[PDB]
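The model below depicts Uridine phosphorylase 1 holding fluorouracil.
Convention: sequence-line order gives letters A, B, ...; per-chain numbering from 1. Keep in mind that the numbers below use all heavy atoms, side chains included, and drop hydrogens, waters and symmetry copies. Both counts, for ligands and for their atoms, begin at 1 and track the order of listing.
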2 protein chains.
Amino acid sequence: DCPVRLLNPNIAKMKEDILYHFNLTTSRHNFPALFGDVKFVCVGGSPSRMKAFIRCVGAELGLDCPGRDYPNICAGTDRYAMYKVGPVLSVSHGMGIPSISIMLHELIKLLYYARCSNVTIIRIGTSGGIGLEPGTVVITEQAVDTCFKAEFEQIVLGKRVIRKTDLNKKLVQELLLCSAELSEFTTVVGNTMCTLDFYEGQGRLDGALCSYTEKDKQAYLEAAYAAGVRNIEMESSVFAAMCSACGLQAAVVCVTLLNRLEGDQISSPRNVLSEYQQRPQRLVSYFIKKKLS
Amino acid sequence: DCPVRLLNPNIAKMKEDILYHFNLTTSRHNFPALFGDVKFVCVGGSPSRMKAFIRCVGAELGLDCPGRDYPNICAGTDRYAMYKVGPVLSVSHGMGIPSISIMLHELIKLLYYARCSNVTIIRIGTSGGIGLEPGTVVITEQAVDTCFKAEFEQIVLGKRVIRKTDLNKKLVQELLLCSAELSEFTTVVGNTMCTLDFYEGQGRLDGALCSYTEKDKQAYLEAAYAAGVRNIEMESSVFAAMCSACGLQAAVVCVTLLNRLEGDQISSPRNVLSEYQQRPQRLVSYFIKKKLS
Ligand SMILES: O=c1[nH]cc(F)c(=O)[nH]1
Ligand SMILES: O=c1[nH]cc(F)c(=O)[nH]1
């Protein structure tokens with residue numbers, strides 16, 4: 001019903017397209033036959049988390065056959081990993097705007113060549129909370145910049161280009177509904193601030209560099225909280241400004257690993273942090289199951 | 001002689017430090033005993049490229065003993081891989097400014113706790129060339145922004161903070177020296193433009209998004225060429241801005257994978273691309289064997 005579209009008049013004249021970072025080529029691969037049935041894409045930082053995600057949702061849908069694995073569709077490259085089970089695609093994206101950008105440029109063309117339509121895309125990951133207990137799942141209402149505005153800036157040919165961040169409201173609602181049914185963890189809906197640096201960029205005091213005080217930070221965070229911000233991470237803004245523009249329905253679901261009003265160090269036991277990081281997976285695999293039933 | 005320093009008062013007050021992304025902590029690890037003897041750090045995108053590097057410099061230094069390999073010091077995470085042979089450290093950094101910044105904050109802190117001094121740090125990578133044949137090695141004179149200036153801008157508590165990019169001039173001459181001795185491939189010195197996006201960020205026409213034309217790309221790449229730029233990549237600017245400020249001598253050495261005046265697609269056969277990628281490694285590992293002879 002709603003096809004994945006590119007916003008680029010230069011693609012039609014190309015004889016082939018090398019998705020360099022995926023190690024996939026329009027000449028070597030039957031894209032419509034490989035990926036044409038994709039309806040749900042889950043993305044996150046880590047290749048192992050994304051394979052775990054693909055195993056878990058394969059089980060949830062019961063396409064989980066005994067023994068056998070989900071091959072890395074991008075095995076051979078080491079930039080991104082990719083997995084698939086029925087209409088679900090799993091894709092790692094590393095850390096930061098540039099890393100997910102490259103993945104998203106290539107994934108969106110991949111889906112376009114595959115002539116995919118009605119695609120829901122969900123980012124799962126981790127974040128720092130503002131005024132939330134650690135381990136809280138935040139469903140992102142708006143992906144915002146460091147002014148707390150629903151905007152994404154990039155430089156194109158030396159000029160600053162402002163594009164809007166848009167996450168699907170209906171999708172936000174569906175995921176919230178799912179979480180109240182599950183009732184396995186605190187879930188909130190808030191704005192998510194995207195940064196280009198984890199230390200000075202997130203107002204941390206424990207970096208190799210720090211140009212400000214404990215109270216400069218505290219007052220920036222409180223300002224953020226007042227403007228609707230509930231968490232902080234590194235990939236939401238570019239994700240929200242590309243997916244919508246290309247006809248994907250996008251959501252972001254992150255767990256908080258700490259409350260940033262109370263500290264900076266991520267000091268919880270490994271096991272606790274591990275339990276926290278299952279939570280976006282749990283919510284999103286359950287949501288996919290509920291949508292495909 | 002010259003110690004690795006931090007530009008952060010809050011670090012001495014701290015009782016313990018968790019290097020979250022390395023899975024290293026002061027409370028579990030002996031930093032001087034682990035890393036005190038490190039004099040050279042080589043950084044690059046991929047874990048497997050950085051393992052191949054430690055093996056190569058190991059061989060070069062004659063510390064290549066029969067059979068055994070190099071344990072990943074950061075095993076148990078998948079953010080960054082890290083390897084050591086004698087006084088050389090090898091650390092991967094993934095893709096983009098944010099990925100390498102996180103690595104750099106925690107790496108500099110790691111060198112500090114280890115009481116390291118006289119540390120030379122080199123980035124080896126890949127890049128798109130401007131007016132150079134594919135496979136040319138570029139030693140970066142200045143890491144520049146998208147207006148061709150030796151500055152790195154980040155946002156700190158909502159505010160634009162501009163720092164200078166500084167790459168060691170003597171180090172550039174030393175690397176060039178080694179290249180003239182080796183005489184195994186074309187080596188140029190020039191400026192490197194760091195970008196936040198591989199497609200539109202670098203004036204490519206083949207992204208999922210493109211508002212401009214061939215003529216626009218061409219004029220922007222020419223303007224860059226006239227301002228000293230010979231190659232384009234994604235990590236040099238934050239690298240150049242952080243390393244020197246913290247008392248490390250920094251260099252960037254990238255091979256070009258294509259000539260951007262001629263195209264955007266990376267269509268060289270895989271084996272050709274591999275040969276190209278061994279080149280910065282060849283030069284840097286030889287530089288290191290030379291400094292330690
Ligand atoms: O970008 C972030 N990711 C995860 C965190 F815990 C955090 O504080 N910031
Ligand atoms: O950032 C880049 N790395 C490698 C390339 F070939 C290129 O064009 N751009």
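- Going by heavy atoms, the other chains that come closer than 4.0 Å to fluorouracil (ligand 2) are B.
- Examination of the model shows no covalent partner of fluorouracil (ligand 2) on any chain.
- For fluorouracil (ligand 2), the atoms sitting less than 4.0 Å from at least one non-hydrogen atom of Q202(B) are 1 (O), 2 (C), 7 (C), 8 (O), 9 (N), numbered in the order shown with element in parentheses.
- Residue contact check: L258(B) has heavy atoms under 4.0 Å from atoms 6 (F), 8 (O) of fluorouracil (ligand 2).
- Intersecting the UniProt phosphate-binding annotation for chain B with heavy-atom proximity to fluorouracil (ligand 2) (under 4.0 Å) gives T126(B).
- Here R204(B) has side-chain heavy atoms under 4.0 Å from fluorouracil (ligand 2), and that is the only part of it that gets that close.
- Residue list (UniProt uridine-binding, chain B, heavy atom under 4.0 Å from fluorouracil (ligand 2)): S127(B), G128(B), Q202(B), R204(B).
- Fluorouracil (ligand 2) places these atoms under 4.0 Å from at least one heavy atom of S127(B): 3 (N), 4 (C), 5 (C), 6 (F), 7 (C).
- The deposit credits the origin of chain B to Homo sapiens.
- The binding site of fluorouracil (ligand 2) (heavy atoms under 4.0 Å) is made of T126(B), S127(B), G128(B), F198(B), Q202(B), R204(B), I232(B), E233(B), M234(B), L257(B), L258(B), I266(B).
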